[PDB]
Undergrad: 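Notebook entry - examining structure containing L-thyroxine.
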Amino acid sequence: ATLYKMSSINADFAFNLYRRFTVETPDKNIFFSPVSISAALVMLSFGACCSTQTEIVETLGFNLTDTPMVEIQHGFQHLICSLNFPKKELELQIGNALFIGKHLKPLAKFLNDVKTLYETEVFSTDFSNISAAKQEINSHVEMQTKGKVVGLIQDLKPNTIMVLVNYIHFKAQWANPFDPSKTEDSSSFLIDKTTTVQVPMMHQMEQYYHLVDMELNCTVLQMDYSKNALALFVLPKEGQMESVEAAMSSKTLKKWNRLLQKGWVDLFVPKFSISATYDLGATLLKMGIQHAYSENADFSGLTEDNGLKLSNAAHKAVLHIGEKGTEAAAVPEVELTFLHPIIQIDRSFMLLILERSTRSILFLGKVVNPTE
Ligand SMILES: N[C@@H](Cc1cc(I)c(Oc2cc(I)c(O)c(I)c2)c(I)c1)C(=O)O
Ligand SMILES: [F-]
Ligand code: NA
């Protein structure tokens, strides 16, 4: 039940956070894992008390009258268990960790609870050595992501006390892989009104769920992975990116779920990779997480020691889109005449990667320029 309520709330948080990012960095690539951020902040909240705690979950979009705190905590336990369960043909792990200055001692019950509930690991770190601390954090993340997310954290100020990190590991195959013999190099991709970049353009004629949204002035194309997950490509009409961004919400996803229809599409999709790195504090504080960052932070559920507060919450997300899926691997031959409409993704678009069993947003972003 809680898992069901969480989907809409987590999606609205995703889009609200996305909009915060557009105002921090206008007209630049955006790419992050909403569900991983949500889960990490619920974990952090598990060690917080009073307003420090309620600020976090309310900023995530929850109403404590509707979903009591313990229900949220257990709903996210169930979510992580579900997403991270081993599945054939899909690797999916969301995860997080805390790095805490060595002078502060976490409560053993907290450590054991968050490992059990959320798979979280917690490390004692000497933040007086900034380069060493960054390497420790980044090595942890690189190992947890089987090497895919490298250099997640880039900046730490002196007097760092606690760092939250969150990440996602994702490996998947398209239900309908592209034939690499049809991939065209150096196709033109508009990164703004007048500027083009050259990108390889994959090409497949197949049946896809898609729609033309007359209200929001965009075309939506659904491409399934072979297990659990799917991609939505959101292609705004000329000059309509801003109106699309403003409209994205859990209500919009519900509308599209109903209106998507299947048919033949002569489809052209760029082959590319995207990444982005964030220090989330700026946005999260604006969105309402204040006490956790202050000298009055109440982390009594985390430690009996005085002086614990959040210093930084860091996140990096990366994804490849290629002929097979997420991996640069061969497409076996076995796995591959009326006039059909063309959808050509040759200009800036929004991208969602969704997980079906839990209705989580694994990745959300805007591809302004696919050639980083
Ligand atoms: N129809 C197919 C394909 C599909 C899956 C998902 I996941 C999705 O994204 C959401 C996200 C939220 I949040 C919702 O409340 C709803 I309804 C759909 C959409 I669009 C389409 C299915 O379900 O397998
Ligand atoms: F196939
Ligand atoms: Na296949």
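The PDB entry numbering applies to chain A: residues 17-352, 359-394, in that order. Both ligands and their constituent atoms are indexed starting at 1 by order of listing.
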Undergrad: Which ligands, or which chains, stand for L-thyroxine?
TA: ligand 1
Undergrad: Write down the name, per UniProt, of the macromolecule bound to L-thyroxine (ligand 1) with the most contacts.
TA: Thyroxine-binding globulin
Undergrad: Looking only at protein heavy atoms, which one is nearest to atom 6 (C) of L-thyroxine (ligand 1), and how far off is it?
TA: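 The answer is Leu376 CD1, 4.0 Å.
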Undergrad: Could you identify the single nearest non-hydrogen protein atom to atom 18 (C) of L-thyroxine (ligand 1) and state the distance to 0.1 Å?
TA: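 Sorting protein heavy atoms by distance from atom 18 (C) of L-thyroxine (ligand 1) puts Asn273 OD1, 3.6 Å first.
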Undergrad: Can you find a non-hydrogen atom of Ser266 under 4.0 Å from L-thyroxine (ligand 1)?
TA: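 No.
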Undergrad: Where does L-thyroxine (ligand 1) share space with the UniProt thyroxine-binding residues of chain A, that is, which have a heavy atom under 4.0 Å from it?
TA: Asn273, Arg378
Undergrad: Atom 24 (O) of L-thyroxine (ligand 1): which protein heavy atom is closest, and how many Å away?
TA: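 For atom 24 (O) of L-thyroxine (ligand 1), the nearest protein heavy atom is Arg378 NH1, 2.6 Å.
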Undergrad: My understanding is that we take every heavy atom of each candidate and find the minimum distance to atom 20 (I) of L-thyroxine (ligand 1). Doing that for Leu384, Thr380, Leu269, which one comes out nearest?
TA: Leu269
Undergrad: Give a yes/no on L-thyroxine (ligand 1): does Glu377 have at least one heavy atom closer than 4.0 angstrom to it?
TA: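 True for this residue.
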Undergrad: Which atoms of L-thyroxine (ligand 1) have any heavy atom of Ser23 under 4.0 Å away?
TA: 13 (I)
Undergrad: Hey, which atoms in L-thyroxine (ligand 1) end up nearer than 4.0 Å to a heavy atom of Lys270?
TA: 13 (I), 14 (C), 15 (O), 17 (I)
Undergrad: Any idea which residues from other chains are within 4.0 Å of L-thyroxine (ligand 1), non-hydrogen atoms only?
TA: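 By heavy-atom distance, those would be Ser23, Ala27, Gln238, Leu246, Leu269, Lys270, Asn273, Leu376, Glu377, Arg378, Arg381.
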